[PDB]
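Here is the structure we will look at.
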Amino acid sequence: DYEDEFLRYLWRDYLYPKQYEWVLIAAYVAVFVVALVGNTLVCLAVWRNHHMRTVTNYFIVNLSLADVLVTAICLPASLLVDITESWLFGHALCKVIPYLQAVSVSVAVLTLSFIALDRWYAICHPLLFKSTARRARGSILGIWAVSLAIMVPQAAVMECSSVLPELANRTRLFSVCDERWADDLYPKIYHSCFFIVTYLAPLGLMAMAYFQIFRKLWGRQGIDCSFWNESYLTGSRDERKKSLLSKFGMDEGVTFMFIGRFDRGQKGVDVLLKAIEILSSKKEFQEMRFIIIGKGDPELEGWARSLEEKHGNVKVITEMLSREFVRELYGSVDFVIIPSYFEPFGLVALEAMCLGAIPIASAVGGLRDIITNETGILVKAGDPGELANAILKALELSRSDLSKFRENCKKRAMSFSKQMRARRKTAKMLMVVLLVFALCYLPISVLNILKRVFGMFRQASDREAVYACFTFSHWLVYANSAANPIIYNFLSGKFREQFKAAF
Ligand SMILES: Cc1ccc(-n2nccn2)c(C(=O)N2CCN(c3nc4cc(Cl)ccc4o3)CC[C@H]2C)c1
């Protein structure tokens, strides 16, 4: 009958001294200061400098401000509650602080989502990529609006109660803050939807987005620009060409060069050979030199050697060469032909371009991205005829200086390589941030979903370790706020620079 009543009456002053408290305090103040100075350093770094004012960094600022909010208001309250098992604040703050916590979690997740979306467009759909500062500073406002709108039920249900309800004796030592619902459907529904909205759906979506992003960035680390440059070549280019041609027993002429596996339906050496057969006539053919380098199918090798013994301006190399010598080739020949069928990386285009070799390549895959206007010739893949015509145009261009074209090739290759490297680094950082986020909010979510929907931890002496789980989960949640600036400091060069300069 009056068991809970009487037991509460007897044990109401039984404080149980927790063995590990000073470590919790130390952890909380550590996280507190680190999150504060870290996130403020983020905000300062971005706001002050102009090169930092990027959409990604505007969002990162939004995230940092969210974390600042949480760290300032909710972290100390969470510390006090978790240590003293009591609510030491007003009835108003009992609604406000958990509300601000929910809202800020929302803001954080949505921010990461917009980061992921922005990067997903920039990388996976470059053509549709629209991302001005006006969009960001206006989308952030939408994030805060929705976040401040959909969290009002939690503010509503937050109540500050103490002694067991329906009890005449309102005597108490301490009060506590918790949720008060009517129908038991309401808390289950709201908390399941809270887990879904603030964790499940956006982290799923972002998992997809970063999956596609990393799939698009995979294997694209760029090339060694320190190796692939003309600096290690001696003399003038035309004299290197003259030396090269005379070394193969040929005379001066507009030199084209293929390098790749002799494949049927990949590197397209067959397209090249066919194109040479097309060029076997015409007046222009004698003005051309061809150097076909590679090794693959015996049929294609024979097909090449036949041309090497038919036309005096065609040399075939099935010999194994060194990178230094390949470099020397790229810095000697006039044009390099990449008749690929689906070339996803086009490292030959980059490596050759860095050495002034002008690319004549099939408009497929990576090549399309690398070779733009005023920096190469692009061909419908597969068609030997259009390739031959491209070679003819190359010849008609060779009756001019071509030097600025080559310098354009160099610049394009270098900027492209640097861009893909920067891209890689950025995506890596954002990935790590998302990951650390997920791991940080995982325990509190598994606990909340196990406490508010699928039963609870309310029965008997099944509470002592559960409190410890909850305190740890809370601390972790706040530790994320300290984590992000550190992540930025290890994985973003510009943030490193600004974090150093701030001292
Ligand atoms: C302390 C803390 C930290 C993070 C939390 N989180 N889990 C998921 C998202 N974020 C929670 C938590 O379990 N939340 C979020 C909001 N809630 C809440 N209660 C709080 C009490 C204090 Cl002292 C300070 C902040 C508080 O936020 C009550 C509802 C419930 C869903 C609690």
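Residues take their numbers from the sequence shown, with the count starting at 1. Counting starts at 1 for both ligands and their atoms, following the listed order.
- The molecule at ligand 1, chosen from pemetrexed, cenerimod, budesonide, suvorexant, maxacalcitol, is suvorexant.
- In this structure the chain with most contacts to suvorexant is the one UniProt names Orexin/Hypocretin receptor type 1.
- Counting only non-hydrogen atoms, the residues of chain A annotated by UniProt as suvorexant-binding that lie closer than 4.0 Å to suvorexant amount to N448.
- The UniProt transmembrane segments of chain A, numbered from the N terminus, that have a heavy atom under 4.0 Å from suvorexant are 2, 3, 4, 5, 6, 7.
- At 4.0 Å, heavy atom to atom, the residues around suvorexant are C74, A77, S78, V81, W87, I97, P98, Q101, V105, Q154, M158, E179, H191, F194, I444, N448, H474, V477, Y478.
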